[PDB]
Amino acid sequence: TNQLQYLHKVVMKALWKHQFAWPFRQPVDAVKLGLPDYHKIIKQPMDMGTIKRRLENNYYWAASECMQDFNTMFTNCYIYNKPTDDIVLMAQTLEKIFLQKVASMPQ
Amino acid sequence: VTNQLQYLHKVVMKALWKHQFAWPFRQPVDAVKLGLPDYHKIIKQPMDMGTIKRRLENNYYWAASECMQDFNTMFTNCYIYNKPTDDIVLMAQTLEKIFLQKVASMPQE
Ligand SMILES: Cn1c(=O)c2c(ncn2CC2OCCO2)n(C)c1=O
Ligand SMILES: Cn1c(=O)c2c(ncn2CC2OCCO2)n(C)c1=O
Ligand SMILES: Cn1c(=O)c2c(ncn2CC2OCCO2)n(C)c1=O
C-alpha cells in the first residue's frame, strides 16, 4: 500500500539513521546484554530490524499494524527500563519523530 | 481549525474519552489522592485527556502533531512510572492502540 511504502521509505529511514537508533535496530539480546529477566517482563519483543524486514517481505496487511509494532518497541523500552536510563530518553526522542512523520502519512 | 485537529477532536478524543478504560486518564494524576509521593519526582510533564480535551476545545494546538505528542506523553508517563504488572499499563495500552489505529486514518495536511 501507499501507507506501508511511506512507513518504509520515509518513517523507518528517518528513524533508522538517527544517532539514538542503534539500540533499536536489532532485537534485545538478553544473553549478550546480561538481562535474565528481560523476557519475563517483556513478552512481545519488537525492534526496527524486525519491522524493516516485515516491511520488505510484505508481512503487513495495513499501516496501523506496522505502527502497532513501532509502538510495542517503544513501550517495551519504557516498561522494562528504569525511568532514569538514557535509553528511555533515546526512545522518547525517536518516538516523537515517529509521530511527527506518521501525521503526514497518506490518509 | 485544521482538518487534522478536527479529526483528532471528533474521532480520536471522542473514542478515547468515552472508553471504559478512560477514567484514570480523564483528569491529572492526583498524587495526594492516589498516595504517590514520588510521582512528580519521576514524571516531569504530567498529561491527561481532560487537558487535551480542553486544549482541542479552545484551539490551543497549532498543529496536529502537537496534540499527538500530548497523547503520547500521557501514555508514556504511565509506562514509565507504573510497574509492568499494574493494570493501568494494560488500560493505557488498550487506549493507545485505538489512538494509533485512528491516527493511521487521519487526514494529511
Ligand atoms: C531496547 N533495549 C536495548 O537495546 C538495550 C537494553 N539494555 C541494553 N541495550 C543496548 C544498549 O546498551 C546501552 C543502552 O542500550 N535494554 C534493556 C533495552 O530495553
Ligand atoms: C473512579 N472509578 C470510576 O470513575 C469508574 C470505575 N469504573 C467505571 N468508572 C466510570 C467511568 O466513567 C463512565 C464509564 O466509566 N471505577 C472502577 C472507578 O474506580
Ligand atoms: C495515571 N495513573 C492513575 O490514574 C493511577 C495510578 N495508580 C492508580 N491510578 C488510578 C487507577 O487505580 C487502578 C488503575 O488506575 N498511576 C500510578 C497512574 O499513573
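Chain IDs: alphabetical, in sequence-line order. Numbering of chain A is taken from the PDB entry, so the residues present carry the numbers 76-182, in order. By the numbers in the PDB entry, the shown part of chain B spans 75-183. When a ligand or atom number is given, it counts from 1 through the structure's own listing order. What you see below is based on every heavy atom in this structure, not just the backbone, and it leaves out hydrogens, waters and symmetry mates.
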A.B. asks: Supply the name from UniProt of whichever chain has more contacts with ligand 3 than any other.
C.D. replies: Bromodomain-containing protein 2
A.B. asks: Which drug from the list salbutamol, phenobarbital, doxofylline appears at ligand 3 in this structure?
C.D. replies: doxofylline
A.B. asks: Counting non-hydrogen atoms only, which other chains lie under 4.0 Å from doxofylline (ligand 3)?
C.D. replies: B
A.B. asks: How close does the nearest protein non-hydrogen atom get to atom 15 (O) of doxofylline (ligand 3), and which residue and atom is it?
C.D. replies: B/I162 CD1, 3.4 Å
A.B. asks: By UniProt annotation, which domain of chain B has the most residues touching doxofylline (ligand 3)?
C.D. replies: Bromo 1
A.B. asks: Doxofylline (ligand 3) versus B/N151, non-hydrogen atoms closer than 4.0 Å: side chain, backbone, both, neither?
C.D. replies: neither
A.B. asks: Nearest to atom 9 (N) of doxofylline (ligand 3) by heavy atom, B/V103, B/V163, B/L108: which?
C.D. replies: B/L108
A.B. asks: Heavy-atom contacts with B/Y155 under 4.0 Å: which atoms of doxofylline (ligand 3) show up? List them by number with element.
C.D. replies: 17 (C)
A.B. asks: For atom 19 (O) of doxofylline (ligand 3), what is the closest protein heavy atom, and at what distance to 0.1 Å?
C.D. replies: B/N156 ND2, 3.0 Å
A.B. asks: Okay, for chain B, which organism does the deposit list?
C.D. replies: Homo sapiens
A.B. asks: Answer side chain, backbone, both or neither: which part of B/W97 comes under 4.0 Å from doxofylline (ligand 3), heavy atoms only.
C.D. replies: side chain
A.B. asks: Give me the nearest non-hydrogen protein atom to atom 4 (O) of doxofylline (ligand 3) as residue plus atom name, then the distance to 0.1 Å.
C.D. replies: B/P98 O, 3.2 Å
A.B. asks: Taking the residues UniProt annotates as binding protein in chain B, which ones lie under 4.0 Å from doxofylline (ligand 3), judged by heavy atoms?
C.D. replies: B/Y155, B/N156
A.B. asks: Tabulate residues with any non-hydrogen atom nearer than 4.0 Å to doxofylline (ligand 3).
C.D. replies: B/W97, B/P98, B/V103, B/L108, B/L110, B/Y113, B/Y155, B/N156, B/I162
